[PDB]
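Entry below: contains psilocin.
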Amino acid sequence: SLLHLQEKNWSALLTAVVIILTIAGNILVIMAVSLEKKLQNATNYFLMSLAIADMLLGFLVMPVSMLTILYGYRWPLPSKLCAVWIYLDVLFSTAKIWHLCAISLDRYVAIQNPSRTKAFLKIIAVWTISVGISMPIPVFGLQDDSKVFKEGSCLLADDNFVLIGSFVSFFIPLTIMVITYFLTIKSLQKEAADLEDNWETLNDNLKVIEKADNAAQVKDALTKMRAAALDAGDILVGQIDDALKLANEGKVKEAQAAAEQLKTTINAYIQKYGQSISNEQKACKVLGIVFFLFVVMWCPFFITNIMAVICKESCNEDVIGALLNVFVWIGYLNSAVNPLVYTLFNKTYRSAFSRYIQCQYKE
Ligand SMILES: CC(C)CCC[C@@H](C)[C@H]1CC[C@H]2[C@@H]3CC=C4C[C@@H](O)CC[C@]4(C)[C@H]3CC[C@]12C
Ligand SMILES: CCCCCCCC/C=C\CCCCCCCC(=O)OC[C@H](O)CO
Ligand SMILES: CN(C)CCc1c[nH]c2cccc(O)c12
Ligand SMILES: [Mg+2]
């Protein structure tokens with residue numbers, strides 16, 4: 001006679017904290033994006049879908065996790081719900097990883113570029129891929145309980161599902177997330193670097209023009225400025241082309257005062273396009289924490305679920321089984337942390353959460 005409610009209640013209280021931090025956290029992220037105009041951007045659109053994935057984890061997967069801790073890991077529900085529960089748990093965690101891959105990729109491509117719908121295609125695509133990858137679990141598990149039960153404990157026993165699922169559903173977008181992140185940071189380092197190349201060579205020619213005697217030195221300098229005006233792309237190129245014909249007739253003192261009028265347009269277009277990459281670099285790092293903390297907090301669960309399969313004979317399967325029941329809750333907590341990052345590291349989400357708690361919904 002199994003399925004017995006126990007005194008495993010030290011652990012079972014802590015689990016209710018992680019459930020309510022997940023559900024309320026991620027509801028605020030869904031509420032913020034829907035109601036805040038400042039958040040209506042593609043990355044924020046993914047970060048909602050992630051928070052929907054986290055909330056569905058909190059409503060459906062995480063309570064049943066807690067339920068089995070209350071029954072000493074003997075599965076207390078109907079046996080055909082085990083594979084269902086294993087499916088949603090892997091669904092949501094596969095939808096989170098392929099999202100983080102989709103953000104890191106999309107932005108790199110956006111950093112090599114000059115819609116709600118273009119964003120909402122891409123989310124559905126990732127969910128479609130995630131549902132498709134996670135599909136063997138019910139298809140084969142509901143047919144054979146050997147894959148989803150180990151001694152009345154509902155867990156994914158199938159060692160091939162655990163291996164090939166780990167390297168298809170996880171390592172293929174982890175690789176692509178860390179590469180597209182690293183190049184995105186190298187893209188935005190080069191572009192800050194090119195901007196101060198073109199700060200110094202416009203500032204260099206404004207020294208050259210206001211020293212010049214002849215139409216030669218003004219013309220060469222202005223020609224070089226227009227070259228390194230084209231190197232930053234509109235607004236100011238025609239204004240140099242204004243002042244380029246003044247040098248060409250020989251109207252020198254007249255062209256030198258025109259170039260002083262270019263000087264306000266420059267410092268306008270520099271500090272505005274240089275607060276631009278200052279911002280993307282801030283955000284790319286906040287995504288990088290969301291990325292990093294996903295990986296780190298699941299890493300203990302993820303290595304140990306593979307040592308369960310590598311050292312099947314060599315290692316104590318009781319303590320391995322004993323560790324995973326901890327190491328899954330470290331990765332579950334991750335569902336609560338995405339919203340705290342956005343509180344700490346974005347003013348926009350923070351002011352939004354701040355109003356929603358005071359029940360005040362007009363921006
Ligand atoms: C397996 C079952 C329980 C899945 C349930 C999915 C639920 C939680 C999903 C599916 C469709 C989703 C909605 C689809 C689109 C939008 C519009 C968007 O601007 C705000 C979120 C909102 C309103 C979503 C809220 C969450 C939602 C209702
Ligand atoms: C944006 C969110 C998208 C979310 C997408 C979710 C997709 C769920 C579909 C597949 C599960 C297939 C399961 C098939 C039904 C099994 C039911 C079952 O086994 O029932 C047991 C019974 O209750 C014992 O008594
Ligand atoms: C993310 N997913 C692969 C977790 C599977 C799981 C749910 N509940 C468990 C209990 C014990 C050992 C497990 O692998 C599990
Ligand atoms: Mg210089």
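Counting from 1, the numbers follow the sequence of the chain as shown. Any value given below was found using the heavy atoms of this structure, including those in side chains, with hydrogens, waters and symmetry copies removed. First listed ligand is number 1; within each ligand, the first listed atom is number 1.
For psilocin, every matching ligand or chain, copies included, can be listed as ligand 3. Of the chains near psilocin, the one making the most contacts is recorded in the PDB entry as 5-hydroxytryptamine receptor 2A.
The source organism of chain A, per the PDB record, is Homo sapiens. A heavy atom lies under 4.0 Å from psilocin in the transmembrane segments of chain A that UniProt numbers, from the N terminus, as 3, 6, 7. Of the residues that UniProt lists as binding serotonin in chain A, those with a heavy atom under 4.0 Å from psilocin are the following: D89, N305.
The site surrounding psilocin, defined by heavy atoms under 4.0 Å, contains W85, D89, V90, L155, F301, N305, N325.
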